[PDB]
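Note sheet for the following structure.
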Amino acid sequence: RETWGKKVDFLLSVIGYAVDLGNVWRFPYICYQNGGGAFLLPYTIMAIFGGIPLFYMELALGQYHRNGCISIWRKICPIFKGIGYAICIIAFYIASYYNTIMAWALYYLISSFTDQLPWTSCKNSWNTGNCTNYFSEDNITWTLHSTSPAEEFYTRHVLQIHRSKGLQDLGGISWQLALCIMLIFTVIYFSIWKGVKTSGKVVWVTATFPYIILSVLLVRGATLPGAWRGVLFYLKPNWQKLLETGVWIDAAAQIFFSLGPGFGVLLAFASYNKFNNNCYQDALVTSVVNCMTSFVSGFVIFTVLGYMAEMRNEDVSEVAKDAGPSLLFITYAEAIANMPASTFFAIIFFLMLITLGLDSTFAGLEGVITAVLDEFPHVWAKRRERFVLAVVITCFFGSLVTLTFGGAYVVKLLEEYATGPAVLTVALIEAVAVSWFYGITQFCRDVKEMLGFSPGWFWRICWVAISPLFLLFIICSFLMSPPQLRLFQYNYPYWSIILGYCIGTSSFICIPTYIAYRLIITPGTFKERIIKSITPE
Amino acid sequence: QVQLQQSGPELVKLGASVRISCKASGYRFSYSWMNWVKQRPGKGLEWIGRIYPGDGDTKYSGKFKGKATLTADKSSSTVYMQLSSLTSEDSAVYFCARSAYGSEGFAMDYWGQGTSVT
Amino acid sequence: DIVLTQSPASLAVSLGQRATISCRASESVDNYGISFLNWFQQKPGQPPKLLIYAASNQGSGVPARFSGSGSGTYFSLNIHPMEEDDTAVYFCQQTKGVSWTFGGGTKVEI
Ligand SMILES: CC(C)CCC[C@@H](C)[C@H]1CC[C@H]2[C@@H]3CC=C4C[C@@H](OC(=O)CCC(=O)O)CC[C@]4(C)[C@H]3CC[C@]12C
Ligand SMILES: *[C@@H]1O[C@H](CO)[C@@H](O[C@@H]2O[C@H](CO)[C@@H](O)[C@H](O)[C@H]2NC(C)=O)[C@H](O)[C@H]1NC(C)=O
Ligand SMILES: CC[C@H]1C[C@@H]2C[C@H]3c4[nH]c5ccc(OC)cc5c4CCN(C2)[C@@H]13
């Protein structure tokens, strides 16, 4: 079986995977809504109790068996074999959601080469009538339909939403984004087609790239003190949101989305080496760095609005509240148009999203591909090169549901429901099985030898009580509080909300499905089927 | 509504220079794209160029760039055009055009009375 | 440059009958679901007066006689029974940059 080799080359694969575009959108867009600075205090308390146990669990269970994602449950609890297929099915939905976003950053990269970008003037190809973002000598007129050139650069240039009215009607097939889907899976194929050792000698420079972007990007914002006056009024103490829970339970879900365990990705990473006396160091560093990365990620975005809020003379609440994804594309686009430092930070910025775009696509794919190949020796022997390509042929087939439709209604729909009860139900069943059914007392017998110390006093309380505790609040509150979404002033039909609800519900139907086949085929009495199925007890 | 008033005519000489004017008013001149058009007896229309008071971006074609030079000043609320090195073929009438916005296809709604380049 | 042609060159539109004028072209100008093509109304001495927005939507200040529709590189300016005051030569506009061109023209008469 393959091996990683160098130490830091293994860690940086997890660093780049933990960082995600979702943390660039969900964290800042939700922070100010929950009181700004008052959102940071749950983010720290919920990360220690909520972020640590589920993160290291996939890293703990993977560093004990080294047999992929499906066959791993054949040893401890054979009844839970259906969790692997549940990860593969749910991974396909987010794949179509995640690859469509990369095409937008790639499409703007080709347009960023021009020195005179199409951001300072709405030319004769857009809805130029509503272009009213020009801070002249008191000549601004806010109206109901007033928009920005960056908004039209995002609302109709690439989306072309004016054609499609809703989910009841589809638009055209824009070949602009279709060419972008080729470049995405192109770079990902050459990395995985060669082997796993190629990751050790390719992506060890990509992890250092995006962290330098936030560094230089903050220095440019600090040139004028006018931007500093905005962040001061941004981080004021808004403690009224602590009592009223609202979406306080969602604040813990953002940490679960930031780290994102249970996808069989960290499992396949730790599936190639024991990592004796250095695995616990990888988890502790990844937690604190993600806590700082998301903080520095949002800290630089709102620093841009501080300068725009000066000339606008308006609260940051009214600006960029209609959607989450619309914040980044409209916020940064207005900065380079006003700042005289264009032609330099344009190309440097869009490569950040593309660099993180390739990281999670390659780092996340290794978990799904490593699973099925382990149980198929006739495929892993000779047909490894052909089978991995067959998975890529199915990937973009689902992505065309959003591109060919000509509308971002699949985007806003798959934001909450794809990562909603789908991932949550699968992640809960993993922790409940390893802890309650499988003897945790016997689990720490061998893991302490690899760690060099008894993991008690920190792991005995978390996985037992804290792990099934925080996970229960999201699933119950999500049903009792349907998050009615909106996209560019368009209320979804009630019947369409059931579509996103049944897909997320039916995504993990395989778990209760294959359990029945394994038990019905097993002869004997009812008690024997449980003992024969669950081997520890 | 329509206040696109040009200046008077001018005599054409071989190697002359003309300073055509147009009063931009009656609408938001600081957001639309002005244009110019040629017309002669027994011939059709033809596009000349484009300009924006505030930015100054101009794009030419149709062999007009050899002497075309558009200028605009947002403070004056006008738009000018300089055409040096004229000839007999340049004798025509020019209308002060104004295209609409993309909500309806960038159609030319308002027009001027026109000045005869005799 | 976008080529623009029109035919027939002279239409003898009698009183009480429709009209049909097309705008052929090489492109392929359909972008953003709004075909960049329009029609003007040029009389002797008067300036151009707009007729239709995007060759599909009737405009303000114009009678309800004018209309247009089609798909691809071939449209048609379907008009209601003509009135004697609507006599004017019509050109086909092109607003797709960078270069813009106008059609040849057709004389509409009785
Ligand atoms: C905001 C930052 C602090 C979080 C992201 C961490 C990255 C900077 C990555 C890329 C540069 C890396 C580091 C570069 C410097 C080294 C020193 C290096 O020293 C050793 O070889 C011994 C390590 C040990 O004693 O365990 C160990 C890895 C480390 C910390 C790397 C770990 C991971 C790092 C911190
Ligand atoms: C700006 O936004 C939209 C572009 O889709 C247009 O909104 C118009 O607003 C009127 C009045 O509320 C409504 O009938 C429709 O929503 C739209 N009608 C038309 C004819 O477009 C608007 O035209 C755009 N442009 C401007 C200058 O506002
Ligand atoms: C670290 C955060 C995780 C939690 C959510 C789901 C998960 C994930 N699942 C995938 C399956 C396949 C894929 O490329 C082929 C990429 C992904 C991603 C990337 C984005 N995030 C968000 C991760």
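Chains are lettered A, B, ... in the order of the sequence lines. The numbering of chain A matches the PDB entry: 79-615, in order. Numbers in chain B track the PDB entry; the residues on display, in order, are 20-137. Going by the PDB entry, the residues shown for chain C are 21-130, listed in order. Per the header of the entry, the method used was electron microscopy, 4.2 Å. In listed order, ligands and their atoms are each counted from 1.
Of the chains in this structure, the chief binding partner of ligand 3 is, as the PDB entry puts it, Sodium-dependent serotonin transporter. The drug candidate or drug found at ligand 3 is named ibogaine. In this entry, the other chains with a heavy atom less than 4.0 Å from ibogaine are A. The source species given by the entry for chain A is Homo sapiens. Restricting to heavy atoms under 4.0 Å from ibogaine, the involved transmembrane segments of chain A, by UniProt's N-terminal count, are 1, 3, 6, 8.
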